[PDB]
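Entry featuring daunorubicin.
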Amino acid sequence: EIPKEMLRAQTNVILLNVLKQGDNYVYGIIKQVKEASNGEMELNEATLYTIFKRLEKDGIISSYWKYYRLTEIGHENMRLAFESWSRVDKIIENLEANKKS
Amino acid sequence: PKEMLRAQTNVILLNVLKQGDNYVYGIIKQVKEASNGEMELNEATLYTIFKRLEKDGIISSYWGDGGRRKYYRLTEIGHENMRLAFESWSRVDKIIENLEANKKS
Ligand SMILES: COc1cccc2c1C(=O)c1c(O)c3c(c(O)c1C2=O)C[C@@](O)(C(C)=O)C[C@@H]3O[C@H]1C[C@H](N)[C@H](O)[C@H](C)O1
């Protein structure tokens, strides 16, 4: 099985991409994710509330009438993160190439 | 963010060891070149990371041979976790792709 700290990191990435598709409520998020995962990924409510309280605390999402939305801070951090993980991709690719030669 | 810098640092170090056993100085140099100078890791960061990885059985060390250097290696458990990790992260990418596609339809 996969490490747990890495399982949460994966779940955070997925929830944020859902909100990126559009504002959403918990039921819609778990439903959309289950379908998008061909049934394989069943998120529990309390895991989302645990995760959503933290993202709200960090200003990454906000709520309203209960819908959740990706803030402008959230959109910005998703770009930096995606670019950072891109630099990593190249570092690893450089390591492979340098190994061969 | 620090937790993302360290998570990334772990992934890079683990992939170095995937490429082959190596010693700390060689690892920092290889990463420095691979990042085109962007990532210069210090000795003490690797020692911090290698203590936790070795404790969890993800790497081990041994003495290689003029002069002697302490080499580190990815255990068979470590190779397996990298397989599991790479596969899970791959499915995540597919789930997200599905979320956009499913969105329109
Ligand atoms: C939208 O990208 C992200 C946004 C936020 C966090 C993340 C990521 C991310 O994509 C990401 C990864 O893709 C990977 C990891 C990761 O934790 C994140 C994020 O946290 C971990 C990983 O390196 C392993 C082996 O554990 C596997 C995977 O890398 C992929 C691609 C690499 N080039 C390499 O092939 C690796 C083995 O698999």
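Order of sequence lines = order of chain letters (A, B, ...). The residue numbers of chain A are those assigned by the PDB entry, with the residues present covering 3-67, 77-112 sequentially. Using the PDB entry numbers, chain B covers 5-69, 73-112, in order. Read the numbers this way: they start at 1 and go in the same order the structure lists the ligands and their atoms. Method on record in the header is X-ray crystallography, 2.3 Å.
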Check: Which chain forms the chief contact surface with daunorubicin, and what is its name in the PDB entry?
Finding: Transcriptional regulator, PadR-like family
Check: At a cut-off of 4.0 Å, which other chains have heavy atoms near daunorubicin?
Finding: A, B
Next item on the list: Give the residue list for daunorubicin, heavy-atom cut-off 4.0 Å.
Entry: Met8(A), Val15(A), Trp96(A), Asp100(A), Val15(B), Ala92(B), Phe93(B), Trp96(B)
Note to self: Quick test: of every protein heavy atom, which one is nearest to atom 35 (O) of daunorubicin, and how far off is it to 0.1 Å?
What the structure shows: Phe93(B) CE1, 3.2 Å
Notebook entry, point to check: Atoms of daunorubicin less than 4.0 Å from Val15(A) heavy atoms?
Noted result: 5 (C), 6 (C)
Check: Does atom 29 (O) of daunorubicin have any protein heavy atom closer than 4.0 Å?
Finding: no
Next item on the list: Within a distance under 4.0 Å of any heavy atom of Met8(A), pick out the atoms of daunorubicin and give their elements.
Entry: 26 (O)
Notebook entry, point to check: Among all protein non-hydrogen atoms, which one is nearest to atom 21 (C) of daunorubicin, and what is the separation to 0.1 Å?
Noted result: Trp96(B) NE1, 3.4 Å
Checklist line | Polar atom proximity, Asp100(A) to daunorubicin (N or O, under 3.5 Å) | finding: yes
Check: Which protein heavy atom lies closest to atom 26 (O) of daunorubicin, and at what distance to 0.1 Å?
Finding: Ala92(B) CB, 3.1 Å
